[PDB]
**Q** 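Drug: ensitrelvir | Macromolecule: 3C-like proteinase nsp5.
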There are 2 protein chains.
Amino acid sequence: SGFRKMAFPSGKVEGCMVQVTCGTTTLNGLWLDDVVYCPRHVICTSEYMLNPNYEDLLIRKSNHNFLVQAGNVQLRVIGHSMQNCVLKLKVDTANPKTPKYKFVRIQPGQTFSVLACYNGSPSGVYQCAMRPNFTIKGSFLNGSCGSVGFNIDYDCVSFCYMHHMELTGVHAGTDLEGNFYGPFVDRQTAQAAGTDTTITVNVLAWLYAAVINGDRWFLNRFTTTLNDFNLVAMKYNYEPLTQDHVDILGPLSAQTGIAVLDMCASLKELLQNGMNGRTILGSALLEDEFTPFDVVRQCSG
Amino acid sequence: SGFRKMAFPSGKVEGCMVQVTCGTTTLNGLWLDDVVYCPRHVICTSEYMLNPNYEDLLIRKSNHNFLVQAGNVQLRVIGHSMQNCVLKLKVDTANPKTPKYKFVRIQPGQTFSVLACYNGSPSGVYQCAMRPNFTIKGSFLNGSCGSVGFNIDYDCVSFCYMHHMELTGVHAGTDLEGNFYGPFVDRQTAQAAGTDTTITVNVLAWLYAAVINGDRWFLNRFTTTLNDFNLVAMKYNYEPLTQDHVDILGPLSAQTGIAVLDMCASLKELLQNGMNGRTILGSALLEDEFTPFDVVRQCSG
Ligand SMILES: Cn1cnc(Cn2c(=O)nc(Nc3cc4cn(C)nc4cc3Cl)n(Cc3cc(F)c(F)cc3F)c2=O)n1
Ligand SMILES: Cn1cnc(Cn2c(=O)nc(Nc3cc4cn(C)nc4cc3Cl)n(Cc3cc(F)c(F)cc3F)c2=O)n1
Ligand code: NA
Ligand code: NA
């Protein structure tokens, strides 16, 4: 028992991280087979970090302006191309440590692990959720550009996020095909994140985790319906709950014998009265960064 | 002069459309070089159209269960793989009519042309916008699955949409890497589109088009600020306006000498009093499916 913010083991990703330098700009890249993926922003200098024309900038470059360091080993760039907001550097050596992988785009509410990197060197691992407003509340310093987010399914690494920038305390990036999450662009303009909301299905999954771990004080005998719940949820800036959400919680309802709409009634009460100085799984706030599948993986293993 | 819902010429796409059959399921595919892209749903029959396990279904198939017709010419499938929600069919002949192309993911508010197809045969072309809730208000009958949406930049076709399903009168699909727009899944569940909103920057671009074409009756001498405008816009279910939006409208402000915040004042009045039986560019509603770039392309050519 117990319940922690648990990340995936990062070994399979650590062996793919490399350093990329173009001029005085250095950042991280992801080396899979004979391609290095990195943010296209690496081809800017201070002169063009506010309104770059990346097609122009990339024309003016040759393969030898790109320095790719895999630890000490230098890799030879033999070709480059741009795909949306990433750069693909073709190199002469296929990474022998290339895991089985795929490139997937995640939806808001889903979670993944982040391997934060500096100078191509892995520094730490953490778990976070894609927020409804398409940012993540990460932890990143200067030099972290190109760090990646991933899940593991079986033996397969699904890459889903590449870090590009920080915007007013939160973080924005792309999928691995170079398409931004959210309405952001890889330049400096007046861009801010939109209003965020609480991920309801995740809050419910976490209340189930609490019950499994013996925290029962918030339960009550009442029930409710989706409509009455969503009416209250909207008032508190909670995502509305659908029938698919109810179905996804199935296995946790089953394991604890508490019906979803039963648990919604408890949630409704928590939202209206607060917790009043009690805690749930060691928190005094309703936590929304654990998916139904995270709970299952951690509570039934 | 004049102003119409104008689509891109579709010749370059028409030569890529093919028919794909697997069993009794037929639909459209997109043939570029030696790969056919189509919705993975084509590997279902009625038995598994409600909760399919696509990895299982695809295991049980061989290359010869796939019938690909390019008009009359039959193409030989020599390999298949799944990428997210599309199928990639490797075939023995590269399409000689393959234009220069790329795969891009568009953002809400952006527009594109749709080439509606049945049995691999192009049937019509129309222009539409990706809505803020990630659906499109298209026009599609049964058999249109696999139809694609695209823009043309110079000589390059940017594919951005592949049609998968209709959900309560509106349409949902993926980008060409197989990732859904919006929170939808390619099965039958209880999924509905979220609340839609009006795309404000597009409404403003269209008011500029009206001025260029001589409709001036809604203008007035007042100005306003972003904050007061967005306060009114929110009440009417209009996307908030940012400083980047203001900058994108630059060229149209320039050409007409009406400042953005000046035009916002007119918009504020239209929202509060209505149009009162007058029309703008032949419409009695505020139109939001024309981007600043659509207006420029059509009004300055
Ligand atoms: C505080 N923080 C949290 N996350 C981030 C991510 N991030 C970053 O690591 N670096 C950035 N700009 C660079 C400056 C450089 C100076 N040198 C010598 N080399 C540099 C390389 C980079 Cl990438 N930025 C800013 C940034 C990066 C982009 F990719 C982009 F499109 C716009 C941006 F404003 C940054 O956010 N910093
Ligand atoms: C009215 N309308 C508007 N757009 C659409 C798109 N669309 C479609 O064309 N076909 C679908 N299902 C199929 C039935 C078939 C019967 N035969 C013999 N062959 C068939 C092939 C198809 Cl693809 N659907 C439904 C649908 C398609 C999906 F890709 C999906 F993931 C879920 C779905 F419910 C459909 O929406 N119809
Ligand atoms: Na209850
Ligand atoms: Na005015």
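Simply put, chain letters go A, B, ... down the sequence lines. We're sticking with the PDB entry numbering for chain A, so the shown stretch reads 1-167, 169-302, in order. Residue numbering in chain B adheres to the PDB entry, whereby the residues present occupy positions 1-167, 169-302 in order. The figures here come from the full heavy-atom set of this structure, side chains too, leaving out hydrogens, waters and symmetry mates. As the structure lists them, so they are numbered: ligands from 1, and atoms in each ligand from 1.
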**Q** Which ligands or chains belong to ensitrelvir?
**A** ligands 1 and 2
**Q** Counting heavy atoms under 4.0 Å, which other chains neighbour ensitrelvir (ligand 1)?
**A** A
**Q** Using a 4.0 Å heavy-atom threshold (strictly under), name the region of A/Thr26 that reaches ensitrelvir (ligand 1): side chain, backbone, both or neither.
**A** backbone
**Q** Measure the distances from the heavy atoms of A/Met49 to every atom of ensitrelvir (ligand 1) and state whether one is below 4.0 angstrom.
**A** no
**Q** Please work out which of A/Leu167, A/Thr190, A/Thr25 has its closest non-hydrogen atom nearest to atom 20 (C) of ensitrelvir (ligand 1).
**A** A/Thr25
**Q** Specify side chain, backbone, both or neither for A/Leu27, according to which of its non-hydrogen atoms lie closer than 4.0 Å to ensitrelvir (ligand 1).
**A** side chain
**Q** N/O to N/O below 3.5 Å, does that happen between A/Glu166 and ensitrelvir (ligand 1)?
**A** yes
**Q** Looking at atom 11 (C) of ensitrelvir (ligand 1), would you say a protein heavy atom lies below 4.0 Å from it?
**A** no
**Q** Report the UniProt domain in chain A where most residues contacting ensitrelvir (ligand 1) lie.
**A** Peptidase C30
**Q** Just let me know how A/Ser144 lines up against ensitrelvir (ligand 1), side chain, backbone, both or neither, with a heavy-atom cut-off below 4.0 Å.
**A** both
**Q** Pairs of nitrogen or oxygen atoms closer than 3.5 Å, one from A/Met165 and one from ensitrelvir (ligand 1): do any exist?
**A** no
**Q** What would you say the binding site of ensitrelvir (ligand 1) is, if we count heavy atoms under 4.0 Å?
**A** A/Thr24, A/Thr25, A/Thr26, A/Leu27, A/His41, A/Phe140, A/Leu141, A/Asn142, A/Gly143, A/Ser144, A/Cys145, A/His163, A/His164, A/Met165, A/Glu166, A/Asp187, A/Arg188, A/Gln189
**Q** Check each N or O atom of ensitrelvir (ligand 1) against all protein N or O atoms and list the pairs under 3.5 Å, with atom names and distances to 0.1 Å, one per line.
**A**
from                   : atom 1 : to       : atom 2 : distance (Å)
ensitrelvir (ligand 1) : 4 (N)  : A/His163 : NE2    : 3.2
ensitrelvir (ligand 1) : 9 (O)  : A/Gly143 : N      : 2.8
ensitrelvir (ligand 1) : 9 (O)  : A/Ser144 : N      : 3.2
ensitrelvir (ligand 1) : 9 (O)  : A/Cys145 : N      : 3.4
ensitrelvir (ligand 1) : 36 (O) : A/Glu166 : N      : 3.3

